[PDB]
Number of protein chains: 2
Amino acid sequence: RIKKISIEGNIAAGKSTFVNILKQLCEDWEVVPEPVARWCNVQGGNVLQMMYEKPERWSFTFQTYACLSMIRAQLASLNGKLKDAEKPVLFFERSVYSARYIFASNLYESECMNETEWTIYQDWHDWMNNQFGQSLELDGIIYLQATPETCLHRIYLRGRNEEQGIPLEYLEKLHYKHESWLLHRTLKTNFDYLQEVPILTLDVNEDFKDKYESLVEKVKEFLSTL
Amino acid sequence: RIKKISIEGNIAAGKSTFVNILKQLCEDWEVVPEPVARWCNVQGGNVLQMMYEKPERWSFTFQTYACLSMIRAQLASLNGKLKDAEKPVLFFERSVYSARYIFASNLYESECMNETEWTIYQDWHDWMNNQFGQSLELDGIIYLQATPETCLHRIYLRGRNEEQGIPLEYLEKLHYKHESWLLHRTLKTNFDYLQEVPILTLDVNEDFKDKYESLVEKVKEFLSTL
Ligand SMILES: Nc1ncnc2c1ncn2[C@@H]1O[C@H](COP(=O)(O)OP(=O)(O)O)[C@@H](O)[C@H]1O
Ligand SMILES: Nc1ncnc2c1ncn2[C@@H]1O[C@H](COP(=O)(O)OP(=O)(O)O)[C@@H](O)[C@H]1O
Ligand SMILES: Cc1cn([C@@H]2C[C@@H](O)[C@H](CO)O2)c(=O)[nH]c1=O
Ligand SMILES: Cc1cn([C@@H]2C[C@@H](O)[C@H](CO)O2)c(=O)[nH]c1=O
């Protein structure tokens, strides 16, 4: 009965900035943030650092941990007795789909994951999916669209240590896979329904300060149709 | 309503040999073998080989894959509509407990897994446990006890390629952790109930040919008490 909407975008496109705006728009809207802070101290080791420090060594470990910690947080929001409100909406920061079809797929293609790693990752992903898939199905997607170059500047502005080494090239690859999935809708997934799911594309290259009011109307308008 | 019994022992103690004997003893007994054959070809890569080829690189990947593939096979035996028989018994080849408290714990202590790897492994283990723990709870344990030296000879007899490099030292460590857990019952787990679970210890150092008949009576006797 809970509508589930995922917020997709490249690294530093402004997802957390966008997400912090939502609860104040309506009392019925809940948000499940990406556990990024938790990833840099496990329960400790900073596995997010290890990922960027040696992707050939740590991609598989990180990517599978990232996605598991996302599943758990998302499942915990569903059980989390916030079903009782009039018309409840739950925004996911990223989803199991991008975790796999964008982030993990990209590192495999960059040879940061070998065939064995990629095969085990997928096999685990599928299994996670049929156990807790139906409950996590998306009613809609919001794509915060920004150039790789803008993202690169925003990694600098935010100043998250582990991400300061990310090159433009890495962000460019993530960009084209987002565009293939969310704009051209050309990316093949194992999930039929995703190809019909409504998608709102918002251009977030300009300052959040003077686009706020318009972005909000676009979101409110988009939700009505769902 | 299904009694669940796990068969524990060191590498090549004779678990599969013992297990092949059970279905013929009673029509109501089912067996969940360790998916070892599947581990040497993933769905492919031989991740069991990689584990022994470079334990510092592959222990975490293997150990977590080993345990997941064990959970799934075990859950599939429970759902697997073999509840309809008079007094059903399900034998597990090893369990989630040894996977963690013996095999994974040993590699962490040998520095084949770092703190981050060990922490993520445990955290995933716990989470797997509270999701599908209650359904997998053991009513009993059968410890096939053999000297590390006997096991070493049996790794040679069996001739499984990936395991041909295993040194005595590795088997000795596994032996003492089994003895600590199943004989002295001194090993601390996160699972209270395990410390009260009945355990049958069978000495399997002699030839299976002239101990068969006695082992069987011991098993039949043991099951009655449960
Ligand atoms: N539309 C925008 N205009 C100007 N600055 C932005 C905009 N969106 C995000 N920022 C800034 O960029 C940085 C990264 O944004 P953040 O929301 O943390 O990204 P994400 O959550 O997508 O990784 C932060 O410093 C934030 O203040
Ligand atoms: N009690 C026994 N006496 C003689 N040979 C045995 C005995 N148990 C096992 N074997 C032999 O030892 C090898 C390893 O046994 P297996 O059942 O495959 O071990 P596990 O399943 O514990 O890894 C096989 O060659 C098997 O024929
Ligand atoms: C969900 C996800 C995020 N990321 C990165 C990891 C962080 O740098 C950033 C968090 O916004 O996203 C991945 O590399 N893989 C992933 O699966
Ligand atoms: C269940 C399990 C088995 N093993 C090993 C892997 C195989 O060599 C052998 C199968 O009988 O047991 C592990 O190293 N870790 C494990 O968690």
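As listed: the chains are lettered in turn, A, B, ..., one for each sequence line. We're sticking with the PDB entry numbering for chain A, so the shown stretch reads 20-62, 78-260, in order. Per the PDB entry, chain B residues shown: 20-62, 78-260, in order. Header lists the method as X-ray crystallography, 2.3 Å. What's counted below: heavy atoms across the whole structure, side chains too, no hydrogens, waters or symmetry copies. Note that ligands are numbered from 1 as they come in the structure, with each ligand's atoms numbered from 1 the same way.
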- [ ] List the macromolecule sharing the largest contact count with ligand 4, named according to the PDB entry.
- [x] Deoxycytidine kinase
TODO: State which drug is present at ligand 4.
DONE: LdT
Task: LdT (ligand 4): other chains within a non-hydrogen distance below 4.0 Å - done: B
Task: Site residues for LdT (ligand 4), heavy atoms under 4.0 Å - done: B/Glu53, B/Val55, B/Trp58, B/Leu82, B/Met85, B/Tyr86, B/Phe96, B/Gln97, B/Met104, B/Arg128, B/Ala133, B/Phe137, B/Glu197
TODO: Could you tell me whether B/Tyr86 and LdT (ligand 4) have an N or O pair separated by under 3.5 Å?
DONE: yes
TODO: Report the UniProt active-site residue in chain B closest to LdT (ligand 4), along with the least non-hydrogen distance to 1 Å.
DONE: B/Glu127, 6 Å
Open item on the list: I need the atoms of LdT (ligand 4) closer than 4.0 Å to a non-hydrogen atom of B/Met104, numbered in the order shown.
Closed with: 1 (C)
Task: Closest protein heavy atom (residue, atom, distance) for atom 15 (N) of LdT (ligand 4) - done: B/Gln97 NE2, 2.7 Å
Task: Other ligands/ions under 4.0 Å from LdT (ligand 4), by number and name - done: none
Open item on the list: I'd like to check which LdT (ligand 4) atoms, numbered from 1 as shown, lie under 4.0 Å from a non-hydrogen atom of B/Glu197.
Closed with: 7 (C), 8 (O), 9 (C)
Task: Ligand-side contact atoms (LdT (ligand 4)) for residue partner B/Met85, heavy atom cut-off under 4.0 Å - done: 14 (O)
Task: Numbered atoms and elements of LdT (ligand 4) in range of B/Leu82, under 4.0 angstrom, heavy atoms - done: 6 (C), 7 (C), 8 (O)
- [ ] Identify, by atom number and element, the atoms of LdT (ligand 4) in contact range of B/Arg128, meaning under 4.0 Å from any of its heavy atoms.
- [x] 9 (C), 10 (C), 11 (O), 12 (O)
Open item on the list: Can you report which non-hydrogen protein atom sits closest to atom 10 (C) of LdT (ligand 4), along with the distance?
Closed with: B/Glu53 OE1, 2.9 Å
